[PDB]
A.B. asks: 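Sending over a structure as C-alpha coordinates; questions will come in a sec.
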Amino acid sequence: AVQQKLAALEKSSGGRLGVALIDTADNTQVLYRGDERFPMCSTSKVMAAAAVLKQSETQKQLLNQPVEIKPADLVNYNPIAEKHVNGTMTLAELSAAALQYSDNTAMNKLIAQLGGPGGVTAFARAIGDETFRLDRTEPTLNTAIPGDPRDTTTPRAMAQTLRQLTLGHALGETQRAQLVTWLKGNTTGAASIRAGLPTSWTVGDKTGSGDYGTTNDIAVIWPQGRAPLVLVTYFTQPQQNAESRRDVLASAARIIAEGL
Amino acid sequence: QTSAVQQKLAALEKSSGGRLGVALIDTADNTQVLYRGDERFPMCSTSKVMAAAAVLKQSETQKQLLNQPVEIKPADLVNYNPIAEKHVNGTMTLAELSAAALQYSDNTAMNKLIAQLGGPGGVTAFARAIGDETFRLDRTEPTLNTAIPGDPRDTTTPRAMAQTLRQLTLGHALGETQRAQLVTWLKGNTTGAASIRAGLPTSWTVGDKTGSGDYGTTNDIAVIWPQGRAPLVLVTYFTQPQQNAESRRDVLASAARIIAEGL
Ligand SMILES: *C(=O)[C@](NC(=O)[C@H](C(=O)O)c1ccsc1)(OC)[C@@H]1N[C@@H](C(=O)O)C(C)(C)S1
Ligand SMILES: *C(=O)[C@](NC(=O)[C@H](C(=O)O)c1ccsc1)(OC)[C@@H]1N[C@@H](C(=O)O)C(C)(C)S1
(Lines of atoms letter the chains of each structure in order from A and count residues from 1; the text may use other names and numbers.)
(Lines give C-alpha, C1' and ligand atoms only; values in the text may rest on other atoms or scores of the structure.)
(Ligands and ions follow the chains in the order given, each with its own letter.)
Protein backbone atom coordinates (compact mmCIF):
# COMPACT_ATOMS: atom_id res chain seq x y z
CA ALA A 1 0.00 0.00 0.00
CA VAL A 2 2.26 2.78 1.38
CA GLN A 3 5.16 2.24 -1.11
CA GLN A 4 2.81 2.43 -4.16
CA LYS A 5 1.22 5.64 -2.75
CA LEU A 6 4.55 7.41 -2.01
CA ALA A 7 5.92 6.41 -5.48
CA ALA A 8 2.69 7.81 -7.09
CA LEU A 9 3.00 11.09 -5.11
CA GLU A 10 6.66 11.45 -6.17
CA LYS A 11 5.81 10.78 -9.85
CA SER A 12 2.99 13.40 -9.67
CA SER A 13 5.35 15.94 -7.96
CA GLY A 14 8.04 15.72 -10.71
CA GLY A 15 10.72 15.83 -7.96
CA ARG A 16 12.70 13.55 -5.63
CA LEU A 17 10.94 12.57 -2.35
CA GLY A 18 12.64 11.19 0.78
CA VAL A 19 10.56 9.76 3.66
CA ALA A 20 11.56 8.12 6.95
CA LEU A 21 8.98 7.26 9.62
CA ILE A 22 9.77 5.68 12.99
CA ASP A 23 6.64 4.50 14.83
CA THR A 24 7.85 4.26 18.48
CA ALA A 25 4.71 2.12 19.30
CA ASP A 26 6.53 -0.91 17.77
CA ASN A 27 9.77 0.49 16.21
CA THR A 28 8.34 -0.08 12.68
CA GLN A 29 9.61 2.11 9.81
CA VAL A 30 8.31 3.48 6.45
CA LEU A 31 11.28 4.35 4.17
CA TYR A 32 11.24 5.93 0.70
CA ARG A 33 14.70 6.92 -0.65
CA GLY A 34 15.56 6.59 3.07
CA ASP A 35 19.32 6.21 2.32
CA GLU A 36 19.62 8.98 -0.33
CA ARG A 37 21.21 12.32 0.60
CA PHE A 38 19.04 15.46 0.49
CA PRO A 39 19.99 19.07 1.21
CA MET A 40 18.82 19.75 4.79
CA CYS A 41 18.40 23.55 4.40
CA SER A 42 16.85 24.99 7.64
CA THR A 43 16.20 21.46 9.11
CA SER A 44 19.95 21.53 9.99
CA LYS A 45 19.09 24.19 12.66
CA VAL A 46 17.79 21.34 14.90
CA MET A 47 21.30 19.78 15.07
CA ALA A 48 22.93 23.21 15.73
CA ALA A 49 20.47 24.09 18.57
CA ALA A 50 20.76 20.54 20.03
CA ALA A 51 24.62 20.85 19.95
CA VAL A 52 24.42 24.13 21.99
CA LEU A 53 21.95 22.46 24.41
CA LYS A 54 24.49 19.61 24.89
CA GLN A 55 27.25 22.21 25.59
CA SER A 56 24.92 23.82 28.23
CA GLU A 57 24.90 20.48 30.14
CA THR A 58 28.50 21.25 31.31
CA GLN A 59 28.71 25.07 30.68
CA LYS A 60 25.79 25.65 33.04
CA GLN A 61 25.15 29.40 32.26
CA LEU A 62 25.94 29.10 28.52
CA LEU A 63 22.30 29.72 27.40
CA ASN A 64 22.39 33.09 29.32
CA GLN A 65 25.60 34.25 27.47
CA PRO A 66 25.06 37.50 25.50
CA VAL A 67 26.14 37.41 21.83
CA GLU A 68 26.76 40.64 19.87
CA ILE A 69 24.50 41.17 16.80
CA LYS A 70 26.31 43.57 14.40
CA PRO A 71 24.80 45.08 11.21
CA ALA A 72 27.43 43.12 9.18
CA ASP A 73 26.14 39.82 10.75
CA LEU A 74 22.66 40.11 9.18
CA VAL A 75 22.17 37.67 6.27
CA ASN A 76 19.08 36.99 4.10
CA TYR A 77 16.32 36.12 6.65
CA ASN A 78 16.61 37.77 10.07
CA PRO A 79 13.06 38.24 11.47
CA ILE A 80 14.32 38.21 15.11
CA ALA A 81 18.02 39.29 14.89
CA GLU A 82 17.20 42.51 12.92
CA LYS A 83 15.35 43.76 16.09
CA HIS A 84 18.57 43.35 18.19
CA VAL A 85 21.23 44.77 15.77
CA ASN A 86 23.85 46.87 17.68
CA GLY A 87 22.81 44.93 20.83
CA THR A 88 22.97 41.36 22.12
CA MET A 89 20.84 38.21 22.22
CA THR A 90 21.46 35.26 24.57
CA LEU A 91 22.25 31.77 23.18
CA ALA A 92 18.75 30.67 24.44
CA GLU A 93 17.15 33.57 22.49
CA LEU A 94 19.27 32.67 19.39
CA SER A 95 18.28 28.96 19.70
CA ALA A 96 14.56 29.89 19.95
CA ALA A 97 14.90 32.35 17.00
CA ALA A 98 16.71 29.73 14.85
CA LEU A 99 14.17 26.97 15.61
CA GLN A 100 10.80 28.77 15.88
CA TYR A 101 11.30 31.61 13.31
CA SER A 102 14.11 30.00 11.21
CA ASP A 103 16.30 33.12 11.71
CA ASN A 104 19.50 32.63 9.59
CA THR A 105 21.56 35.18 11.61
CA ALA A 106 20.60 33.22 14.76
CA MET A 107 21.69 29.94 13.07
CA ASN A 108 25.07 31.53 12.17
CA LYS A 109 25.58 32.49 15.87
CA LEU A 110 24.84 28.84 16.90
CA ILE A 111 27.35 27.61 14.29
CA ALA A 112 29.98 30.14 15.49
CA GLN A 113 29.40 29.07 19.15
CA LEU A 114 30.23 25.47 18.06
CA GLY A 115 33.47 26.59 16.29
CA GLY A 116 32.03 26.44 12.75
CA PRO A 117 29.97 23.97 10.69
CA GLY A 118 32.43 21.18 11.63
CA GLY A 119 31.41 21.62 15.29
CA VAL A 120 27.78 20.80 14.35
CA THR A 121 29.00 17.66 12.49
CA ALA A 122 31.16 16.74 15.55
CA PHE A 123 28.02 16.80 17.74
CA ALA A 124 26.19 14.56 15.20
CA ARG A 125 29.10 12.09 15.43
CA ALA A 126 29.07 12.31 19.26
CA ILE A 127 25.40 11.11 19.30
CA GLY A 128 26.02 8.28 16.80
CA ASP A 129 24.94 10.02 13.54
CA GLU A 130 27.67 9.07 11.00
CA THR A 131 25.62 10.49 8.02
CA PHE A 132 24.81 14.15 8.85
CA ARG A 133 27.26 16.78 7.60
CA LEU A 134 27.21 20.57 7.92
CA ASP A 135 29.81 22.23 5.67
CA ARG A 136 28.68 25.86 5.26
CA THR A 137 27.10 28.79 7.11
CA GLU A 138 23.88 30.59 6.19
CA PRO A 139 22.91 31.31 3.53
CA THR A 140 25.20 29.18 1.28
CA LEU A 141 24.25 25.88 3.04
CA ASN A 142 20.93 26.05 1.04
CA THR A 143 22.34 25.86 -2.57
CA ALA A 144 20.86 22.30 -2.78
CA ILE A 145 22.94 21.46 -5.92
CA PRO A 146 22.10 17.97 -7.28
CA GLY A 147 24.91 15.48 -6.43
CA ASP A 148 26.55 17.88 -3.90
CA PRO A 149 27.02 16.07 -0.55
CA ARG A 150 27.60 19.31 1.41
CA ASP A 151 24.96 20.13 4.06
CA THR A 152 23.08 16.85 3.46
CA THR A 153 21.79 13.88 5.40
CA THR A 154 19.53 10.89 4.67
CA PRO A 155 15.92 10.61 5.84
CA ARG A 156 16.78 7.40 7.78
CA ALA A 157 19.73 9.08 9.61
CA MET A 158 17.76 12.26 10.42
CA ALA A 159 14.66 10.37 11.70
CA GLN A 160 16.90 8.23 13.97
CA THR A 161 18.78 11.32 15.27
CA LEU A 162 15.53 13.31 15.79
CA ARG A 163 14.19 10.33 17.82
CA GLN A 164 17.37 10.26 20.00
CA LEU A 165 17.24 14.07 20.51
CA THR A 166 13.51 14.41 21.36
CA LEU A 167 12.42 10.98 22.78
CA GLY A 168 15.77 9.34 23.66
CA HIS A 169 18.90 10.24 25.67
CA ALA A 170 21.14 12.15 23.23
CA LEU A 171 20.49 15.16 25.53
CA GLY A 172 20.01 15.54 29.28
CA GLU A 173 16.40 15.49 30.59
CA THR A 174 16.11 19.34 30.88
CA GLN A 175 17.72 19.88 27.45
CA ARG A 176 15.51 17.27 25.70
CA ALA A 177 12.42 18.92 27.22
CA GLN A 178 13.67 22.38 26.07
CA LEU A 179 14.24 21.14 22.47
CA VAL A 180 10.72 19.58 22.43
CA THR A 181 9.20 22.84 23.83
CA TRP A 182 10.97 24.83 21.09
CA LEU A 183 9.86 22.46 18.26
CA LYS A 184 6.22 22.42 19.50
CA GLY A 185 6.29 26.27 19.35
CA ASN A 186 7.45 26.29 15.68
CA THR A 187 5.70 29.06 13.66
CA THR A 188 6.52 27.77 10.12
CA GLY A 189 5.01 24.23 10.02
CA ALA A 190 1.21 24.41 9.46
CA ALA A 191 1.44 23.82 5.62
CA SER A 192 3.88 20.87 5.84
CA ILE A 193 3.75 17.52 7.75
CA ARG A 194 1.07 18.73 10.17
CA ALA A 195 -1.30 19.68 7.24
CA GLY A 196 -1.45 15.90 6.42
CA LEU A 197 -2.25 14.79 10.03
CA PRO A 198 -5.43 14.85 12.16
CA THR A 199 -5.76 18.23 14.00
CA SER A 200 -6.02 16.32 17.35
CA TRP A 201 -2.36 15.18 16.98
CA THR A 202 0.41 17.28 18.62
CA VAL A 203 3.38 18.17 16.32
CA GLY A 204 6.79 19.69 16.93
CA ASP A 205 8.74 20.30 13.72
CA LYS A 206 11.38 22.22 11.80
CA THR A 207 10.79 23.15 8.13
CA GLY A 208 13.23 24.28 5.47
CA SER A 209 13.45 25.39 1.88
CA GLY A 210 16.21 26.24 -0.58
CA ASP A 211 17.19 26.31 -4.17
CA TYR A 212 15.99 23.52 -6.55
CA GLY A 213 12.54 23.99 -4.94
CA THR A 214 13.87 22.12 -1.89
CA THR A 215 11.00 21.70 0.61
CA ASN A 216 11.67 19.87 3.88
CA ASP A 217 10.09 19.10 7.26
CA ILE A 218 11.26 16.98 10.21
CA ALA A 219 8.70 16.28 12.93
CA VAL A 220 8.00 14.50 16.21
CA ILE A 221 4.27 13.64 16.38
CA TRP A 222 2.14 12.69 19.42
CA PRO A 223 -1.01 11.04 18.03
CA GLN A 224 -4.08 10.93 20.27
CA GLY A 225 -3.88 7.88 22.58
CA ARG A 226 -0.74 6.25 21.12
CA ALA A 227 3.04 6.40 21.17
CA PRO A 228 4.92 9.16 19.29
CA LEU A 229 6.07 9.04 15.65
CA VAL A 230 9.15 10.62 14.12
CA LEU A 231 8.74 11.67 10.48
CA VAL A 232 11.23 13.16 7.99
CA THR A 233 9.92 14.37 4.61
CA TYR A 234 12.58 15.79 2.25
CA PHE A 235 11.81 16.98 -1.30
CA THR A 236 13.90 18.56 -4.06
CA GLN A 237 13.28 19.32 -7.73
CA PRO A 238 15.16 19.39 -11.05
CA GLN A 239 15.00 23.19 -11.77
CA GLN A 240 17.24 25.56 -9.71
CA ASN A 241 14.33 28.11 -9.58
CA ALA A 242 11.53 25.57 -8.78
CA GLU A 243 8.62 26.69 -6.54
CA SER A 244 8.24 25.30 -2.95
CA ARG A 245 5.90 22.26 -2.63
CA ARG A 246 4.84 22.08 1.06
CA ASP A 247 1.69 20.27 -0.26
CA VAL A 248 3.94 17.29 -1.25
CA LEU A 249 5.13 16.98 2.39
CA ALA A 250 1.50 17.24 3.65
CA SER A 251 0.50 14.53 1.11
CA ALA A 252 3.40 12.25 2.25
CA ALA A 253 2.35 12.69 5.91
CA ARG A 254 -1.32 11.95 5.02
CA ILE A 255 -0.23 8.69 3.25
CA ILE A 256 1.88 7.70 6.36
CA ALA A 257 -1.06 8.48 8.75
CA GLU A 258 -3.56 6.44 6.62
CA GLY A 259 -1.21 3.43 6.51
CA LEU A 260 -1.02 2.84 10.31
CA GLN B 1 -16.67 50.77 -8.35
CA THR B 2 -14.98 47.39 -8.80
CA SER B 3 -11.13 47.53 -8.66
CA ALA B 4 -8.70 45.12 -10.44
CA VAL B 5 -8.09 43.51 -7.00
CA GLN B 6 -11.86 43.09 -6.31
CA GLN B 7 -12.30 41.45 -9.78
CA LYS B 8 -9.45 38.98 -9.03
CA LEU B 9 -10.98 38.16 -5.60
CA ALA B 10 -14.37 37.60 -7.34
CA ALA B 11 -12.70 35.11 -9.77
CA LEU B 12 -10.99 33.32 -6.86
CA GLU B 13 -14.34 33.16 -5.01
CA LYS B 14 -16.18 31.83 -8.12
CA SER B 15 -13.61 28.95 -8.42
CA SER B 16 -13.65 28.30 -4.61
CA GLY B 17 -17.20 26.91 -4.17
CA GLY B 18 -17.77 29.25 -1.21
CA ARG B 19 -18.12 32.83 0.04
CA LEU B 20 -14.97 34.95 0.56
CA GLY B 21 -14.64 38.09 2.71
CA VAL B 22 -11.51 40.29 2.60
CA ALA B 23 -10.51 43.53 4.29
CA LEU B 24 -7.08 45.16 3.86
CA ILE B 25 -5.90 48.29 5.65
CA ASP B 26 -2.62 49.65 4.26
CA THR B 27 -1.25 51.88 7.09
CA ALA B 28 1.06 53.54 4.45
CA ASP B 29 -2.00 55.63 3.35
CA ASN B 30 -4.85 54.20 5.56
CA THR B 31 -6.64 53.03 2.36
CA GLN B 32 -8.93 49.98 2.50
CA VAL B 33 -9.53 47.18 -0.02
CA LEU B 34 -12.82 45.35 0.77
CA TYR B 35 -14.47 42.27 -0.77
CA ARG B 36 -17.83 41.46 0.90
CA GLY B 37 -16.36 43.80 3.58
CA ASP B 38 -19.77 44.42 5.24
CA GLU B 39 -21.09 40.82 5.08
CA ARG B 40 -21.11 38.73 8.28
CA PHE B 41 -18.93 35.62 8.65
CA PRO B 42 -18.51 33.19 11.57
CA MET B 43 -15.27 34.21 13.37
CA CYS B 44 -14.45 30.75 14.84
CA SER B 45 -11.00 30.90 16.58
CA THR B 46 -10.27 34.44 15.23
CA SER B 47 -12.59 35.59 18.10
CA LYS B 48 -9.75 34.60 20.53
CA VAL B 49 -7.87 37.83 19.63
CA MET B 50 -10.74 39.97 21.05
CA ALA B 51 -10.90 37.83 24.23
CA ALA B 52 -7.12 37.98 24.85
CA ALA B 53 -7.12 41.75 24.12
CA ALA B 54 -10.02 42.29 26.58
CA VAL B 55 -7.97 40.56 29.34
CA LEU B 56 -4.89 42.67 28.37
CA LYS B 57 -7.14 45.76 28.80
CA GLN B 58 -8.16 44.50 32.30
CA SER B 59 -4.43 44.04 33.10
CA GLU B 60 -3.80 47.81 32.53
CA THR B 61 -5.40 48.51 35.96
CA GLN B 62 -4.12 45.23 37.62
CA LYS B 63 -0.30 44.89 37.17
CA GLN B 64 -0.42 41.25 38.50
CA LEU B 65 -3.54 40.09 36.59
CA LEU B 66 -1.59 38.04 33.99
CA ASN B 67 0.03 36.11 36.92
CA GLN B 68 -3.40 35.26 38.45
CA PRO B 69 -3.93 31.46 38.60
CA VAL B 70 -7.05 29.82 37.09
CA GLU B 71 -8.08 26.27 38.11
CA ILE B 72 -8.25 23.75 35.22
CA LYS B 73 -10.64 20.88 36.08
CA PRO B 74 -11.20 17.64 34.13
CA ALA B 75 -14.79 18.93 33.46
CA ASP B 76 -13.33 22.09 31.80
CA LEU B 77 -11.66 20.24 28.89
CA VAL B 78 -13.57 20.69 25.61
CA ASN B 79 -12.68 19.53 22.07
CA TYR B 80 -9.16 20.99 21.45
CA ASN B 81 -7.00 21.49 24.58
CA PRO B 82 -3.36 20.76 23.68
CA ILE B 83 -2.05 23.05 26.49
CA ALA B 84 -4.86 22.98 29.11
CA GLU B 85 -4.99 19.12 29.22
CA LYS B 86 -1.41 19.17 30.67
CA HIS B 87 -2.61 21.35 33.61
CA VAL B 88 -5.86 19.53 34.61
CA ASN B 89 -6.20 19.44 38.45
CA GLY B 90 -3.71 22.34 38.51
CA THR B 91 -3.66 26.00 37.45
CA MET B 92 -2.66 28.20 34.53
CA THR B 93 -2.10 31.96 34.80
CA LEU B 94 -4.10 34.35 32.60
CA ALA B 95 -0.82 34.96 30.64
CA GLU B 96 -0.49 31.18 30.07
CA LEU B 97 -4.17 30.97 29.02
CA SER B 98 -3.80 33.99 26.66
CA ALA B 99 -0.65 32.47 25.05
CA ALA B 100 -2.34 29.02 24.77
CA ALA B 101 -5.53 30.51 23.24
CA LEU B 102 -3.64 32.66 20.70
CA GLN B 103 -0.58 30.59 19.74
CA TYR B 104 -2.07 27.03 19.99
CA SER B 105 -5.80 27.92 19.68
CA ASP B 106 -6.58 26.03 22.94
CA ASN B 107 -10.40 26.06 23.37
CA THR B 108 -10.29 25.43 27.16
CA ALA B 109 -7.97 28.45 27.44
CA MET B 110 -10.43 30.59 25.40
CA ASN B 111 -13.27 29.51 27.76
CA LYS B 112 -11.20 30.72 30.77
CA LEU B 113 -10.61 34.11 29.05
CA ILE B 114 -14.37 34.36 28.32
CA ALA B 115 -15.19 33.52 31.99
CA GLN B 116 -12.64 36.16 33.21
CA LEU B 117 -14.62 38.72 31.08
CA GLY B 118 -17.98 37.61 32.59
CA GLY B 119 -19.14 35.50 29.61
CA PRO B 120 -19.38 35.98 25.84
CA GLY B 121 -21.13 39.38 26.30
CA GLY B 122 -18.06 40.63 28.22
CA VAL B 123 -16.03 40.10 25.04
CA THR B 124 -18.68 41.99 23.00
CA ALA B 125 -18.66 44.81 25.62
CA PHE B 126 -14.88 45.20 25.14
CA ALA B 127 -15.36 45.32 21.34
CA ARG B 128 -17.93 48.17 21.81
CA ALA B 129 -15.51 50.00 24.19
CA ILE B 130 -12.85 50.11 21.40
CA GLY B 131 -15.31 51.30 18.71
CA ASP B 132 -16.30 47.93 17.14
CA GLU B 133 -20.12 48.03 16.79
CA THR B 134 -20.15 44.86 14.60
CA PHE B 135 -18.37 42.07 16.53
CA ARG B 136 -20.59 39.80 18.63
CA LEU B 137 -19.64 36.83 20.80
CA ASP B 138 -22.74 34.90 21.89
CA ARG B 139 -21.42 31.44 22.93
CA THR B 140 -18.45 29.67 24.51
CA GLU B 141 -16.19 27.00 22.97
CA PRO B 142 -16.93 24.84 21.16
CA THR B 143 -20.49 25.84 20.12
CA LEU B 144 -19.35 29.31 18.92
CA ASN B 145 -17.95 27.47 15.79
CA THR B 146 -21.25 26.02 14.41
CA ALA B 147 -20.85 28.63 11.58
CA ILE B 148 -24.44 28.10 10.30
CA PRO B 149 -25.16 30.21 7.19
CA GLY B 150 -27.36 33.24 8.06
CA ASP B 151 -26.78 32.80 11.84
CA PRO B 152 -25.64 36.13 13.38
CA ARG B 153 -24.18 34.47 16.51
CA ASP B 154 -20.38 34.74 16.89
CA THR B 155 -19.96 36.77 13.67
CA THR B 156 -18.28 39.93 12.48
CA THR B 157 -17.56 41.62 9.13
CA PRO B 158 -14.12 41.76 7.47
CA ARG B 159 -14.19 45.61 7.61
CA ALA B 160 -14.93 45.67 11.38
CA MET B 161 -12.33 43.01 12.27
CA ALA B 162 -9.57 44.68 10.17
CA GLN B 163 -10.26 48.04 11.88
CA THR B 164 -10.27 46.38 15.34
CA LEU B 165 -7.08 44.38 14.68
CA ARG B 166 -5.37 47.62 13.50
CA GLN B 167 -6.45 49.55 16.65
CA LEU B 168 -5.32 46.65 18.94
CA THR B 169 -1.91 45.94 17.33
CA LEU B 170 -0.79 49.25 15.71
CA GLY B 171 -3.07 51.89 17.35
CA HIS B 172 -3.90 52.91 20.93
CA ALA B 173 -6.83 50.60 21.90
CA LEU B 174 -4.41 49.00 24.44
CA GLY B 175 -1.57 50.45 26.55
CA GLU B 176 1.88 50.27 24.90
CA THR B 177 3.03 47.29 27.09
CA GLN B 178 -0.18 45.38 26.29
CA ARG B 179 -0.06 46.22 22.51
CA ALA B 180 3.55 44.90 22.42
CA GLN B 181 2.47 41.71 24.29
CA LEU B 182 -0.42 41.08 21.83
CA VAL B 183 1.94 41.57 18.82
CA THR B 184 4.53 39.21 20.44
CA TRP B 185 1.79 36.56 20.94
CA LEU B 186 0.44 36.87 17.36
CA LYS B 187 3.97 36.77 15.84
CA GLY B 188 4.51 33.45 17.73
CA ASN B 189 1.34 31.83 16.28
CA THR B 190 1.93 28.14 15.38
CA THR B 191 -1.11 27.59 13.10
CA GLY B 192 -0.70 30.24 10.32
CA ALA B 193 1.84 29.03 7.70
CA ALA B 194 -0.82 27.60 5.23
CA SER B 195 -3.10 30.69 5.36
CA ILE B 196 -2.39 34.43 4.74
CA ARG B 197 1.40 33.76 5.31
CA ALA B 198 1.44 31.27 2.36
CA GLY B 199 0.35 34.02 -0.08
CA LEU B 200 2.96 36.66 0.94
CA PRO B 201 6.65 37.13 0.07
CA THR B 202 8.89 35.17 2.52
CA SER B 203 10.67 38.44 3.58
CA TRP B 204 7.38 39.89 5.04
CA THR B 205 6.78 39.37 8.81
CA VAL B 206 3.33 38.11 9.94
CA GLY B 207 1.44 37.83 13.19
CA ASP B 208 -1.94 36.16 12.82
CA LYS B 209 -4.80 34.14 14.29
CA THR B 210 -6.44 31.40 12.20
CA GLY B 211 -9.73 29.62 12.71
CA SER B 212 -11.92 26.90 11.24
CA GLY B 213 -15.23 25.27 12.14
CA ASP B 214 -18.29 23.80 10.45
CA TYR B 215 -19.42 24.71 6.88
CA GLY B 216 -15.75 24.44 5.85
CA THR B 217 -15.23 27.81 7.55
CA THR B 218 -11.58 28.84 7.07
CA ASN B 219 -10.38 32.17 8.51
CA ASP B 220 -7.21 34.19 9.17
CA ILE B 221 -6.63 37.70 10.55
CA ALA B 222 -3.11 39.10 10.27
CA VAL B 223 -0.86 42.09 10.93
CA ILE B 224 1.85 42.15 8.23
CA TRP B 225 5.18 44.04 8.17
CA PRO B 226 6.19 44.24 4.46
CA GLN B 227 9.90 44.51 3.50
CA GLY B 228 10.43 48.31 3.20
CA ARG B 229 6.90 49.65 3.95
CA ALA B 230 4.36 50.46 6.62
CA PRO B 231 2.39 47.54 8.11
CA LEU B 232 -0.84 46.05 6.69
CA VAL B 233 -3.82 44.54 8.42
CA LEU B 234 -5.53 41.76 6.44
CA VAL B 235 -8.69 39.74 7.25
CA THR B 236 -9.59 36.73 5.05
CA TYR B 237 -12.83 34.90 5.94
CA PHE B 238 -14.23 31.94 3.96
CA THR B 239 -17.32 29.75 4.43
CA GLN B 240 -19.04 27.06 2.33
CA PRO B 241 -22.61 25.81 1.82
CA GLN B 242 -22.30 22.23 3.26
CA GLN B 243 -21.88 21.57 7.01
CA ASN B 244 -19.16 18.91 6.37
CA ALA B 245 -17.13 20.95 3.79
CA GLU B 246 -13.30 20.63 3.92
CA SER B 247 -11.07 23.54 5.08
CA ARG B 248 -9.61 25.71 2.27
CA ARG B 249 -6.54 27.47 3.72
CA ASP B 250 -5.26 27.60 0.09
CA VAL B 251 -8.13 30.05 -0.72
CA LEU B 252 -6.92 32.41 2.06
CA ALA B 253 -3.35 32.11 0.72
CA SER B 254 -4.67 32.93 -2.80
CA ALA B 255 -6.57 36.01 -1.47
CA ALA B 256 -3.40 37.22 0.34
CA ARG B 257 -1.35 36.75 -2.88
CA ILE B 258 -3.89 38.87 -4.89
CA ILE B 259 -3.73 41.58 -2.16
CA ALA B 260 0.13 41.52 -2.12
CA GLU B 261 0.32 41.67 -5.97
CA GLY B 262 -2.17 44.62 -5.98
CA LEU B 263 -0.12 46.90 -3.63
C1 LIG C 1 15.53 27.48 6.05
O2 LIG C 1 15.29 26.54 5.20
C3 LIG C 1 15.16 28.93 5.83
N4 LIG C 1 15.27 29.25 4.43
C5 LIG C 1 16.43 29.12 3.81
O6 LIG C 1 17.38 28.58 4.40
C7 LIG C 1 16.52 29.64 2.37
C8 LIG C 1 17.82 30.39 2.17
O9 LIG C 1 18.40 30.35 1.10
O10 LIG C 1 18.35 31.07 3.17
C11 LIG C 1 15.37 30.53 1.97
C12 LIG C 1 14.30 30.08 1.15
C13 LIG C 1 13.35 31.15 0.89
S14 LIG C 1 13.89 32.55 1.73
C15 LIG C 1 15.33 31.85 2.39
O16 LIG C 1 16.06 29.71 6.61
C17 LIG C 1 15.90 31.13 6.56
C18 LIG C 1 13.77 29.24 6.39
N19 LIG C 1 12.91 28.07 6.23
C20 LIG C 1 11.95 28.29 5.12
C21 LIG C 1 10.85 27.30 5.06
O22 LIG C 1 10.52 26.73 6.15
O23 LIG C 1 10.27 27.05 3.99
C24 LIG C 1 11.44 29.73 5.25
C25 LIG C 1 10.43 29.88 6.40
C26 LIG C 1 10.90 30.24 3.92
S27 LIG C 1 12.89 30.63 5.69
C1 LIG D 1 -10.52 27.71 16.11
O2 LIG D 1 -11.06 27.99 15.06
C3 LIG D 1 -10.07 26.31 16.51
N4 LIG D 1 -10.95 25.33 15.96
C5 LIG D 1 -12.23 25.38 16.16
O6 LIG D 1 -12.74 26.34 16.76
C7 LIG D 1 -13.07 24.20 15.68
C8 LIG D 1 -14.04 23.80 16.74
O9 LIG D 1 -15.11 23.37 16.40
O10 LIG D 1 -13.72 23.92 18.04
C11 LIG D 1 -12.26 23.01 15.24
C12 LIG D 1 -12.05 22.73 13.87
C13 LIG D 1 -11.26 21.57 13.71
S14 LIG D 1 -10.84 20.94 15.26
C15 LIG D 1 -11.69 22.14 16.16
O16 LIG D 1 -10.12 26.22 17.92
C17 LIG D 1 -9.68 25.02 18.57
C18 LIG D 1 -8.61 26.08 16.12
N19 LIG D 1 -8.32 26.76 14.87
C20 LIG D 1 -8.26 25.81 13.75
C21 LIG D 1 -7.63 26.40 12.52
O22 LIG D 1 -6.85 27.30 12.56
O23 LIG D 1 -7.93 25.84 11.36
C24 LIG D 1 -7.52 24.57 14.28
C25 LIG D 1 -6.03 24.81 14.38
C26 LIG D 1 -7.85 23.36 13.43
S27 LIG D 1 -8.14 24.37 15.92
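Note: chain IDs run A, B, ... matching the order in which the sequence lines appear. Residue numbering for chain A follows the PDB entry, covering 28-57, 59-238, 240-252, 254-290 in order. Numbers in chain B come straight from the PDB entry, and the residues shown are 25-57, 59-238, 240-252, 254-290, in order. Side-chain atoms are counted along with the backbone in the values below, which use heavy atoms only and exclude waters and symmetry mates. First listed ligand is number 1; within each ligand, the first listed atom is number 1.
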A.B. asks: Which compound, drug or drug candidate, is present at ligand 1?
C.D. replies: temocillin (bound form)
A.B. asks: If you rank chains by contacts with temocillin (bound form, ligand 1), which one has the most, by name in the PDB entry?
C.D. replies: Beta-lactamase
A.B. asks: What other chains come closer than 4.0 Å to temocillin (bound form, ligand 1) by at least one heavy atom?
C.D. replies: A, B
A.B. asks: Binding site of temocillin (bound form, ligand 1): which residues fall under 4.0 Å, heavy atoms only?
C.D. replies: A:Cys69, A:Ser70, A:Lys73, A:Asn104, A:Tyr105, A:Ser130, A:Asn132, A:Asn170, A:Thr235, A:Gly236, A:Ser237, A:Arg276, B:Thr227
A.B. asks: Show the atoms of temocillin (bound form, ligand 1) that are less than 4.0 angstrom away from any heavy atom in A:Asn104.
C.D. replies: 8 (C), 9 (O), 10 (O), 15 (C)
A.B. asks: Is there any N or O on A:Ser70 that sits under 3.5 Å from an N or O of temocillin (bound form, ligand 1)?
C.D. replies: yes
A.B. asks: When you measure from atom 21 (C) of temocillin (bound form, ligand 1) to every protein heavy atom, which one gives the shortest distance, and what is it?
C.D. replies: A:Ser237 OG, 3.4 Å
A.B. asks: Got a sec? I need the residue and atom in covalent bond with temocillin (bound form, ligand 1), or none if there isn't one.
C.D. replies: A:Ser70 OG
A.B. asks: I need the source organism for chain A from the PDB entry - what is it?
C.D. replies: Escherichia coli
A.B. asks: Tell me the protein heavy atom at minimum distance from atom 22 (O) of temocillin (bound form, ligand 1), and give that distance in Å.
C.D. replies: A:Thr235 OG1, 2.6 Å
A.B. asks: Looking only at distances, please establish whether an N/O atom of temocillin (bound form, ligand 1) is found under 3.5 Å from an N/O atom of B:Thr227.
C.D. replies: no
